[PDB]
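Co-structure: ajmaline and Phospholipase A2 VRV-PL-VIIIa.
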Amino acid sequence: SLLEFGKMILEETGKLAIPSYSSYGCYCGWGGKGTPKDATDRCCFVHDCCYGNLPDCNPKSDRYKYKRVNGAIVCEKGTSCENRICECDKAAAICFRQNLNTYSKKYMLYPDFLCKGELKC
Ligand SMILES: CN1c2ccccc2[C@]23C[C@H]4[C@H]([C@@H]5C[C@H](O)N4[C@@H](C5)[C@H]12)[C@H]3O
Ligand SMILES: COc1ccc(C(=O)O)cc1
């Protein structure tokens, strides 16, 4: 769930989940539409897509167990859905870190109205 996703995002990137990634570009937080702004907005595009492969669970709400360990992130014996959600998030959190440089405060709190168009997963 978001409570787990947020801890992850903080743990890996050092930045707090909320202002730092909850409205970034066109796909972080909101989702919806548009051509992703940059590397970090693109992660969100994949993460959405990641949650999309699952219509059988509640990504935003179902709580899962994961632990850290000298660096990497480990998801644990859950309920398929629970496990699947964790790898989705795990990836996404890794992607943010992977691209912590292209992080631009210019896109932090990027509205919506300027986000235009289709994009198939
Ligand atoms: C409308 N809703 C949908 C309705 C029917 C099928 C798929 C979707 C969503 C789910 C998910 C994703 C982006 C980001 C956002 O989290 N959601 C929106 C747009 C779409 C997009 O795939
Ligand atoms: C992919 O990054 C996010 C960040 C915030 C939210 C949200 O606030 O719903 C969803 C996905």
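Along the sequence shown, the residues carry numbers beginning at 1. Just so it is clear, the values below take in all heavy atoms, side chains as well, and ignore hydrogens, waters and symmetry mates. We count ligands from 1, going down the list as the structure has it; atoms in each ligand are counted the same way.
- All copies of ajmaline taken together correspond to ligand 1.
- UniProt's Ca(2+)-binding annotation for chain A and the heavy-atom shell under 4.0 Å around ajmaline (ligand 1) share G31, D48.
- The entry attributes the origin of chain A to Daboia russellii pulchella.
- In this structure, the UniProt active-site residue of chain A with the shortest heavy-atom distance to ajmaline (ligand 1) (to 1 Å) is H47, 8 Å.
- Lab note - ligands/ions near ajmaline (ligand 1) (< 4.0 Å): none.
- Residues touching ajmaline (ligand 1) within 4.0 Å, heavy atoms only: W30, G31, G32, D48.
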